[PDB]
J.: 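So I pulled up a structure with ketoconazole in it.
Since chain A takes its numbers from the PDB entry, the residues it shows come out as 6-74, 80-178, 193-414. If you're wondering, the header gives X-ray crystallography, 1.8 Å. Atom set for the values below is all heavy atoms of this structure, side chains included, hydrogens, waters and symmetry mates excluded. Whatever order the structure lists ligands and atoms in, that order sets their numbers, starting from 1.
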Amino acid sequence: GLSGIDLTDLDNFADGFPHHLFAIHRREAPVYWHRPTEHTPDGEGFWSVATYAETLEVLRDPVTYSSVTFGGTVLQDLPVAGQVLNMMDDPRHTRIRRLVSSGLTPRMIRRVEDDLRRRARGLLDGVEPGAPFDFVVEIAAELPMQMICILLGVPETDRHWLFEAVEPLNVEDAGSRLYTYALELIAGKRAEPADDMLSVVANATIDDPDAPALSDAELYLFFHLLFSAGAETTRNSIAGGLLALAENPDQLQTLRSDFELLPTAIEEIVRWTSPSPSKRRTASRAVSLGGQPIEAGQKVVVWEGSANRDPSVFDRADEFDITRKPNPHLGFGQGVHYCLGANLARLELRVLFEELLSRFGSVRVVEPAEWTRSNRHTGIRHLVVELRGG
Ligand code: HEM
Ligand SMILES: CC(=O)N1CCN(c2ccc(OC[C@H]3CO[C@](Cn4ccnc4)(c4ccc(Cl)cc4Cl)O3)cc2)CC1
């Protein structure tokens, strides 16, 4: 069973989150030492955590399970190793998280909502009914990218040009373009503050020596990482949502008939899709997790993607149900690092599906979904659909 399963082998992730591997994991060893293979980061083994109770226990103890432990086009050769908020512990984490939260202003969130609703309408009004198209390419990717650019204060004219560097053309040039751009943007917001999250965070000076404000290079890292990954997780929830609804047409009809069902439906979409299905932590001290001793310094990987289908907590865990109650999913994390984007993601999903379902009661997926090759993101690269009134 587990002894021949390699969770670092991305071939196991190329076709979607491998739920069947995680059923084995939960049954055989909730908490398991995963020896390093040819495919494993740093040739370092780790504790792999697949059940809900133990995953939640790790998330809820940031003192024992430290978040101090980048792909894409992110610059790999900066002179200094910056931190990003999700890799911080207290005291610095608390101060920076509070700062980022203070950047999520009501006026800016209204701007996102208005822009989303306009764009969602524009895009859906442009669909040719019944004609196949790639939902990811034409709609799902666009809306969160615009949201994340509004949040980070990126002028509209620069957004797709930036998205090309974030998601390509070579890695060096991409990263260099983004670093220059980010640093110009930061400089501009310091000279003329704007009502956006990046401006608030960039303009901060903190007097605690153990909790300094973000450096310029750290602000670039934050910009790049959140742009890429906040856009990606959100689009994956949208695309995976459409797919789940298309595979359960009776629920689609129920939902489209009563938008008061949408908030609960959105929680089930996040549970089902679990776009960010794994996290790293490092044990800071000897401790036991589910009766397994762990030593200080050892890596821990929790799998929310597995926890969210744990049959000890979710009845009929392997079925999608838009009316699921209760639904204590971990799709947005839990504890001190809980997703600061959770309401933003849910807004994206709510507006898109309201606009989509108002117009189309028939959703057909006409080619197999193509999944991205990753165990850090569960995502759909292409989803070819036909939308009709129905
Ligand atoms: C459906 C889309 C999204 C999903 C599934 C998701 C998931 C998550 C999860 C599971 C965590 C916890 C990380 C950890 O425990 O180490 C997290 C953290 C975070 N999320 Fe998201 N996220 C989504 C969208 C967004 C968006 C749109 C934003 C933009 C504000 C955002 C901003 C953040 C930030 C800043 C953190 C780190 C918080 C901290 O470390 O204190 N996320 N997200
Ligand atoms: C060896 C092994 O088995 N494995 C390798 C390493 N593995 C892994 C590595 C990194 C990782 O990263 C998740 C954390 C970091 O990523 C985000 C994604 N995100 C973005 C917005 N909301 C969530 C994030 C949050 C805030 C900000 Cl500022 C920026 C980001 Cl990138 O959460 C998740 C998993 C898991 C699989």
J.: Where exactly can ketoconazole be seen in this structure?
T.: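 Every copy is at ligand 2.
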J.: Hey, which chain has the most contacts with ketoconazole (ligand 2) here? Just the name the PDB entry gives it.
T.: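 Largest number of contacts: Putative cytochrome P450 126.
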J.: Which residues does the binding site of ketoconazole (ligand 2) contain at 4.0 Å, with heavy atoms considered?
T.: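 The site of ketoconazole (ligand 2), heavy atoms only, is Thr13, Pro46, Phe51, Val94, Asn96, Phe246, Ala253, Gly254, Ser302, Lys303, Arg304, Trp327, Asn399, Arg400.
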J.: If we count only non-hydrogen protein atoms and require a distance under 4.0 Å, does atom 12 (O) of ketoconazole (ligand 2) qualify as touching the protein?
T.: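 Given the 4.0 Å cut-off, atom 12 (O) of ketoconazole (ligand 2) does not count as touching protein heavy atoms.
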J.: Closer than 4.0 Å and a protein heavy atom, does any atom meet both conditions relative to atom 36 (C) of ketoconazole (ligand 2)?
T.: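 Yes; the ligand atom in question has protein heavy-atom contact below 4.0 Å.
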J.: Would you mind running through ketoconazole (ligand 2) and noting each atom that sits below 4.0 Å from a heavy atom of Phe246?
T.: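 In order of numbering, the contacting atoms are 28 (Cl).
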J.: Tell me: protein heavy atom nearest atom 16 (O) of ketoconazole (ligand 2), and distance?
T.: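 The protein heavy atom lying closest is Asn96 ND2, 4.5 Å.
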J.: Name the source organism of chain A according to the PDB.
T.: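 According to the entry, Mycobacterium tuberculosis (strain CDC 1551 / Oshkosh).
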